[PDB]
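Below, chain A is the first sequence line, B the second, and so on; all start at residue 1. Both counts, for ligands and for their atoms, begin at 1 and track the order of listing. Any value given below was found using the heavy atoms of this structure, including those in side chains, with hydrogens, waters and symmetry copies removed. Going by what the header records, the deposited coordinates were determined by X-ray crystallography, 2.4 Å.
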Amino acid sequence: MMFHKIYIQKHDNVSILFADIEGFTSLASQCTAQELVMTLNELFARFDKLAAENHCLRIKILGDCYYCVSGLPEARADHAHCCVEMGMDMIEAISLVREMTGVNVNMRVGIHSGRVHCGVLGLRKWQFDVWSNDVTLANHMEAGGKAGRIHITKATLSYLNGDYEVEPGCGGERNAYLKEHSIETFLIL
Amino acid sequence: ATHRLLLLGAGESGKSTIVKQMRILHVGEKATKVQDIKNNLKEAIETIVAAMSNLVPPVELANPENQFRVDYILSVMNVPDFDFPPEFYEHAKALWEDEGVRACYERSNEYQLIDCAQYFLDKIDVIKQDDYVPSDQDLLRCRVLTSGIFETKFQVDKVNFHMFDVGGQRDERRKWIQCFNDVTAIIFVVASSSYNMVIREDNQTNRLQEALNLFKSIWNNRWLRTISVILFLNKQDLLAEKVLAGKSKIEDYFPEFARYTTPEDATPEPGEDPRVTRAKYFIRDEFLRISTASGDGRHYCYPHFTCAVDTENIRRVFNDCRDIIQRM
Amino acid sequence: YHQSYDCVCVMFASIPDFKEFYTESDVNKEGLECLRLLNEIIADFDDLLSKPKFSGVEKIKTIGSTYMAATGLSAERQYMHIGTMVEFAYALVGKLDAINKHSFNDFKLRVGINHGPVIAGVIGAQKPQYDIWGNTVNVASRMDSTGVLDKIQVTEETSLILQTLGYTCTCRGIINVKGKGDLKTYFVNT
Ligand SMILES: Nc1nc2c(ncn2[C@@H]2O[C@H](COP(=O)(O)OP(=O)(O)OP(O)(O)=S)[C@@H](O)[C@H]2O)c(=O)[nH]1
Ligand SMILES: C=C[C@@]1(C)CC(=O)[C@]2(O)[C@@]3(C)[C@@H](O)CCC(C)(C)[C@@H]3[C@H](O)[C@H](OC(C)=O)[C@@]2(C)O1
Ligand SMILES: [Cl-]
Ligand SMILES: [Cl-]
Ligand SMILES: [Mg+2]
Ligand SMILES: [Mg+2]
Ligand SMILES: [Mg+2]
């Protein structure tokens, strides 16, 4: 073996969702390191519940960044719908925690669909992950999204079979990546 | 069965030319290469002309009249989409016949000049015609820079070959890695004749030394420990020409040559000058010394004397390659 | 469950040029060959954790091509671990240089280090993944995101402790760090 064995595999027709809390560094500076963790554990535990139901597979949590993929490990033509539904339940979950905790937590949701490579990298501390331009794009959709709303691409819209009412997203004007890549975006109603 | 061959080597070593022979041998159309041939032509004449005044000592024109033609070439040098009026060829042709310009041509190792320079400059009257049709040799001499990876698929006796061509210049080498895994064998190309030249990248590092260092890093690479290397000691025609010319001594670039004596097991071609035999085998051994020093049993190095623009030779050497690949 | 900490050194080591090295083509199996190289890099960084001098270094995770670790989770003999983190950073550089030699590349590391109170544990509901949280972790990350290639950017508090250990620092100046504001930072001298 010249190269270490790579535990990675390609998967087409998949949907990636990204959720990120607004002003996390700002928020963490104010409240205790103890309470921040409680507010975040409360939020992410619920997210992990909603994910199993909506047939989404949660990937990782990067402090305040939460992302999952629908269409894994086994193919599912219901994928784009799952992620859209997942975001629906997410936004509502954040609303209950906003009132129950009295903390200013807001998130932006980003969704894109395409192909992804998934698996693990390295030898130690294996954590299932996804990589691809499509995943990179999905990340930028969250960055170019809007508070308390689900920002999706044209690609994700084509897998939704017209089951959701959308409005022009204008993602190109809130994020340089979406513009420079001529990506058409939409915000779900 | 499917074999994946990866072509590696420094820039201008002849990698793309080897792939071109595979198409000729085993595979609106060629009219797109006309422009590319014309570019090489314009590039060759303007480089020799622009190099005259910068050399030390400077080379002077044999004919005063040609100074005006020099002024003409340098004035159109940076022109984007050049129209190639009939005047251009007349100017190019005139300059190429001026003995001063030829003297500057003989000193081209002192600057950066493309290999197909003399081949095209001697065919101006052919290339200028409206009804010009590039011969096979014309397409083999045309030089165009490789950027990115390119896959060329072909078959020889129902056996499949996937050949990967890559950029050989420094900044291009970072892509090679993307072809290391699951490689049948590597074909390393070297410009045997470029012993008296320096690379474009910095204008100081000797071309052969660069190839040698590049070979050492491939041979001893951590990911190619069990991958064999078929070594193409390319440009044998130009090596022989330089050796026999006697103007640029090999031992003035590689001092170790002065100790070198032709091996016993040497197999020269019919009527081959013992001086050429000596030079080509010395270059070969400089590469073998590296391959000899490591690996042992895990992988092997198979050298071959080649001339990429000579379809006969490539048919011959690639058939030798097929025997190497199938036997093991 | 969760446990609170008082003095943990967090480190983020990014490879900002990787994103550009990454491409998707039929020749590179849609980015699989690039992920293969990243796997070799991450693996080479992991093998350092087996060195005796690094038994106190705890790899937390990898964020893309970024490496995240920490020391003092096994708890100036009390501030020694902070110096161990910096040494770990130099070691990653040595491994990345090795990779460059063989893959004909020129990847450079960009490191950010900080220390202070953190909270260690597991959150969520699916899988038991150990992680650390806190303002300290956020600043360490900003030290990387606003850092420089081939440099280890550290906070004022960190540069002080590093000075008592023999390390010398250069003031980068006061930079407005998103969410925090004006922070005076430093670059560890080599
Ligand atoms: N006389 C002669 N010319 C040769 C020989 N092999 C290649 N050439 C010429 O040298 C030039 C460079 O060869 P080429 O194949 O383009 O280089 P390369 O290795 O692909 O170069 P690169 O893409 O790394 S920048 C071409 O003009 C080609 O015709 C040879 O054996 N003899
Ligand atoms: C490995 C390369 C590449 C291109 C692959 C990829 O999709 C990413 O890993 C994602 C998007 C992707 O893996 C999802 C998680 C996260 C953390 C959002 C990644 C980073 O943004 C990576 O970039 C960085 C900066 O590490 C990026 C973009 O890197
Ligand atoms: Cl060469
Ligand atoms: Cl023939
Ligand atoms: Mg955030
Ligand atoms: Mg964030
Ligand atoms: Mg080429």
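By contact count, the main macromolecule holding ligand 2 here is known in the PDB entry as type V adenylyl cyclase. In this structure, of aripiprazole, mirabegron, acyclovir triphosphate, forskolin, flavopiridol, the molecule at ligand 2 is forskolin. Other chains within heavy-atom reach of forskolin, distance under 4.0 Å: A, C. The heavy-atom binding site of forskolin at 4.0 Å consists of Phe18(A), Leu62(A), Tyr67(A), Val130(A), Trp131(A), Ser132(A), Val135(A), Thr136(A), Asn139(A), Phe18(C), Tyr22(C), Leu38(C), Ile63(C), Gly64(C), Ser65(C). Among all non-hydrogen protein atoms, the one lying nearest atom 4 (C) of forskolin is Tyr22(C) CD2, 3.7 Å. For atom 5 (C) of forskolin, the closest non-hydrogen atom on the protein side is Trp131(A) CB, 3.8 Å. Per UniProt, most contacting residues of chain A around forskolin lie in the domain Guanylate cyclase 1. Closer than 4.0 Å to atom 12 (C) of forskolin lies at least one heavy atom of the protein. Atom 22 (C) of forskolin has as its closest protein heavy atom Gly64(C) CA, 3.9 Å. Taking every heavy atom of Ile63(C) and a limit of under 4.0 angstrom, the matching atoms of forskolin come to 17 (C), 26 (O). Protein heavy atom nearest atom 23 (O) of forskolin, with residue, atom name and distance: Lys19(C) CD, 4.3 Å.
Distance check for atom 7 (O) of forskolin: a protein heavy atom is found below 4.0 Å. At the shortest separation from atom 28 (C) of forskolin among protein heavy atoms lies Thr136(A) OG1, 3.4 Å. Regarding atom 14 (C) of forskolin, its nearest protein heavy-atom neighbour is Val135(A) CG1, 3.6 Å. Considering only non-hydrogen protein atoms, atom 15 (C) of forskolin sits nearest to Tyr67(A) OH, 3.6 Å. Less than 4.0 angstrom separates atom 18 (C) of forskolin from at least one non-hydrogen atom of the protein. The N/O atoms of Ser65(C), backbone and side chain alike, include one that comes under 3.5 Å of an N/O atom in forskolin. The PDB entry identifies chain C by the name type II adenylyl cyclase. Among the atoms of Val130(A), some N or O lies under 3.5 angstrom from an N or O of forskolin. Taking every non-hydrogen atom of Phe18(C) and a distance limit under 4.0 Å, the qualifying atoms of forskolin come out as 1 (C), 2 (C). Every N/O-N/O distance between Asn139(A) and forskolin stays at or above 3.5 Å.
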